[PDB]
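Data first, discussion second: the structure below is written as structure tokens.
In the text below, chain A, chain B and the rest are named by the order of the sequence lines, each starting its count at 1. Unusual residues are spelled as their parent or as X, and atoms beyond the parent do not add to contacts. We use all heavy atoms of the structure for the numbers below, so side chains are in, but hydrogens, waters and symmetry mates are not.
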Amino acid sequence: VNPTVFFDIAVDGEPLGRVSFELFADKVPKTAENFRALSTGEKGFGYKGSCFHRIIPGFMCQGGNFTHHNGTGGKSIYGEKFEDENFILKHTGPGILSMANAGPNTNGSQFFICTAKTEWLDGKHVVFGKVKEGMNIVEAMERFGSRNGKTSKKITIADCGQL
Amino acid sequence: XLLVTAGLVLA
């Protein structure tokens, strides 16, 4: 059974509301599990307090970075990086949850929430979940972005976990 | 362009 997770989103420290995601563990269990564990924080680190640092209206919201010892960009629960598990799932429309990377097999913690169909990224980014409720929150976040990705207010994950 | 990378962000 696919796990559900939630982010409680804030804008300049003010809670806006909740977004929940279905994680497609039935298709990419390793990638889903990394995201789940970083959402609950059960390994001692994860998305809580993290921020959406690059938001491009019409495209997507990217976050999941946090500082760690011995490098940069985030770490996964399996190490500094892990393999592209598979590319079964495509970027089919708004709400899609998919992994940011720095090329092949460099998955960590960073991810993005699509606000459009992003077909050009199929085969290069592992899709692994989808917004379940609170797309209105993601649409509200999206307005705080810009063409170059800079946000006009600070968008954070005030809290997160599993439902 | 429209990419989602982690470090060397391209156009």
Which of etelcalcetide, cagrilintide, cyclosporin A, abaloparatide at chain B: cyclosporin A
Most-contacted chain near cyclosporin A (chain B) (per the PDB entry): TRIMCyp
Species of chain A according to the entry: Macaca mulatta
Cyclosporin A (chain B): binding-site residues, heavy-atom cut-off 4.5 Å: A:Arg54, A:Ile56, A:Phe59, A:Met60, A:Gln62, A:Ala100, A:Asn101, A:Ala102, A:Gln110, A:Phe112, A:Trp120, A:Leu121, A:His125
Contacts under 4.5 Å: residues of cyclosporin A (chain B) to chain A, heavy atoms: B:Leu2, B:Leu3, B:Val4, B:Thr5, B:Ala6, B:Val9
